[PDB]
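For chain A, we keep the numbers from the PDB entry: what you see runs 849-1054, in order. All ligand and atom numbering here is 1-based and tracks the order in the structure. Header lists the method as X-ray crystallography, 2.8 Å.
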Amino acid sequence: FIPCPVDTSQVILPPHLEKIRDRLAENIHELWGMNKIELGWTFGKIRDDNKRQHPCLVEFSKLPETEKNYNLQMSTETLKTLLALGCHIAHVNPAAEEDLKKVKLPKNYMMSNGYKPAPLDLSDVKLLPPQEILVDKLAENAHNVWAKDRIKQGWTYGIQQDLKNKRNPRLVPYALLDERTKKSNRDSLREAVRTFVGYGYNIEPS
Ligand SMILES: Nc1ncnc2c1ncn2[C@@H]1O[C@H](COP(=O)(O)OP(=O)(O)CP(=O)(O)O)[C@@H](O)[C@H]1O
Ligand SMILES: O=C1CN(/N=C/c2ccc(-c3ccc([N+](=O)[O-])cc3)o2)C(=O)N1
């Protein structure tokens, strides 16, 4: 198994896109924090996988640096991937960031750190068919960018996951991957494109 994604080396990120790169990472983390509470997890300072405690379920500004850069790099690689495919990212609607409210969840979503997930309310954002094929294609690539970095840290396949060896049952080709995870990647990058549009960006191939 060889996870080779679209080559992101012959690509640079213009400084005017660094703004979305920062906000895109925030929203992607907000969506993660919500889904994690939605499935048995809570806040903690000493991670114990059996107790469902997590230190990363905090606001984007309070994250540790090791996990933080990974969220900014993956966000930067996502933008660069669109550029490597021949698509452009450009601001057109200047009032969209002001007309971008955030989702507010029930009271039970607040934990012992003062953090309560508040992703952007992007439910009223519609995508054209061409942008759907992009999100589906971007999703398969996000699996490869994740799998390549893990592989060089020694991560291979293993029936049981493990935070102390390089084992993970999802280190497999996108075809041999459970459709739940495949759909999860598509949903994540569907909001990624909606995050751009929510800030006033038009995605358009050259
Ligand atoms: N599938 C995904 N899509 C977008 N961001 C993800 C992600 N998985 C993890 N992240 C980001 O990674 C950061 C936390 O890193 P961590 O190592 O704790 O992942 P994790 O605990 O979710 C492993 P798993 O999801 O398999 O149980 C989180 O703040 C989150 O934003
Ligand atoms: O088990 C798994 C896990 N995984 N992806 C995990 C990685 C970890 C960090 C992120 C990440 C993605 C996108 C952005 N972004 O664009 O901002 C920011 C961070 O995904 C996968 O494919 N199968």
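- According to the PDB, the drug at ligand 2 is dantrolene.
- The largest share of close contacts with dantrolene (ligand 2) comes from the chain named in the PDB entry as Ryanodine receptor 3.
- Heavy-atom contacts of dantrolene (ligand 2) within 4.0 Å involve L872, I876, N919, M922, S923, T926, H991, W994, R1018, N1033.
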